[PDB]
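Structure record follows, encoded as structure tokens.
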Amino acid sequence: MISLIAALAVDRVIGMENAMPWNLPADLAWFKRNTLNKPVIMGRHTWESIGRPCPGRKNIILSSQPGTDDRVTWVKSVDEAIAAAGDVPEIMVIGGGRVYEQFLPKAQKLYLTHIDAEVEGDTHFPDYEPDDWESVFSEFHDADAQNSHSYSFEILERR
Ligand SMILES: NC(=O)c1ccc[n+]([C@@H]2O[C@H](COP(=O)([O-])OP(=O)(O)OC[C@H]3O[C@@H](n4cnc5c(N)ncnc54)[C@H](OP(=O)(O)O)[C@@H]3O)[C@@H](O)[C@H]2O)c1
Ligand SMILES: CN(Cc1cnc2nc(N)nc(N)c2n1)c1ccc(C(=O)N[C@@H](CCC(=O)O)C(=O)O)cc1
Ligand SMILES: [Ca+2]
Ligand SMILES: [Ca+2]
């Protein structure tokens, strides 16, 4: 299946000036745990903010232009992106804004981190209805030494 994984703040803010504006180690671990051994799909701007392939995962980058780095697999369309992922149980779509928008109607699961931080973004997660998504897991955690904000993990399954 196709799954989306994303950290959101207030107003579903996901990013600002090509970066993510918070400090949350608990989220990185959760991300690593749910994506390791999976193919990961991302847009070119998200690729350019990471710059090294996500190790232990097949890396597929969407771009309308020819690839500029042979450590990763480049694809020119959403259908080419899914085909390059081959026959796996779960393909992870990991950002950014424009990529989430395109894959959201094809997705069966969402893994979300709701971070209780009020920041300004120039990129937002698509608007999603509970009419379509059932919550099968959610945990809330208070801020601590490593994590400056409270945050909750949730897994939703399409209805
Ligand atoms: N909060 C999170 O969990 C999270 C996760 C990841 C990223 N982010 C943030 O999201 C922001 C980047 O988001 P973004 O929406 O600007 O960019 P993005 O979605 O990462 O990348 C957009 C680019 O991807 C390519 N692309 C997307 N769809 C394509 C398609 N269907 N066919 C061909 N190319 C396609 C295009 O590249 P060309 O111009 O080369 O054609 C497009 O300009 C950053 O601030 C990043 O930090 C947040
Ligand atoms: C820019 N970016 C995208 C990113 C970050 N956190 C996310 N968190 C969630 N929940 N969802 C995402 N899509 C997501 N995406 C990043 C930034 C750093 C690393 C990163 O290097 N993660 C390490 C974890 C260990 C470390 O950060 O040093 C890894 O190897 O997976 C990955 C993606
Ligand atoms: Ca580097
Ligand atoms: Ca059902």
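Just so it is clear, chain A uses the PDB entry numbers, and the residues here are 1-159, in order. Counting convention: from 1, in listed order, for ligands and their atoms alike. Reckoned from all heavy atoms, side chains included, excluding hydrogens, waters and symmetry mates.
- In this structure the chain with most contacts to ligand 2 is the one the PDB entry names Dihydrofolate reductase.
- As PDB records put it, the drug at ligand 2 is methotrexate.
- Other-chain residues and nucleotides with a heavy atom under 4.0 Å from methotrexate are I5, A6, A7, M20, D27, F31, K32, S49, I50, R57, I94, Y100, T113.
- The source organism of chain A, per the PDB record, is Escherichia coli.
- Set against the non-hydrogen atoms of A7, the atoms of methotrexate under 4.0 Å away are 9 (C), 10 (N), 11 (N).
- Of all atoms in methotrexate, listed by their number and element, those nearer than 4.0 Å to a heavy atom of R57 are 29 (C), 30 (O), 31 (O).
- For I5, a nitrogen or oxygen atom sits less than 3.5 Å from a nitrogen or oxygen atom of methotrexate, counting backbone and side chain alike.
- Residue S49 approaches methotrexate through these ligand atoms, each under 4.0 Å from one of its heavy atoms: 1 (C).
- Annotation: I94 places an N or O atom under 3.5 Å from an N or O atom of methotrexate; distance criterion only.
- Bonding summary for methotrexate: no covalent bond to a chain.
- Residue-ligand proximity, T113 to methotrexate, at heavy-atom distances under 4.0 Å covers atoms 10 (N).
- Every atom of methotrexate with a heavy atom of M20 under 4.0 Å away is listed here by number and element: 4 (C), 5 (C), 6 (N).
- Where the criterion is an N or O separation shorter than 3.5 Å, residue side chain and backbone included, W30 fails it with respect to methotrexate.
- Which parts of methotrexate touch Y100 is read off a 4.0 Å heavy-atom cut-off, strictly below it: atoms 13 (N).
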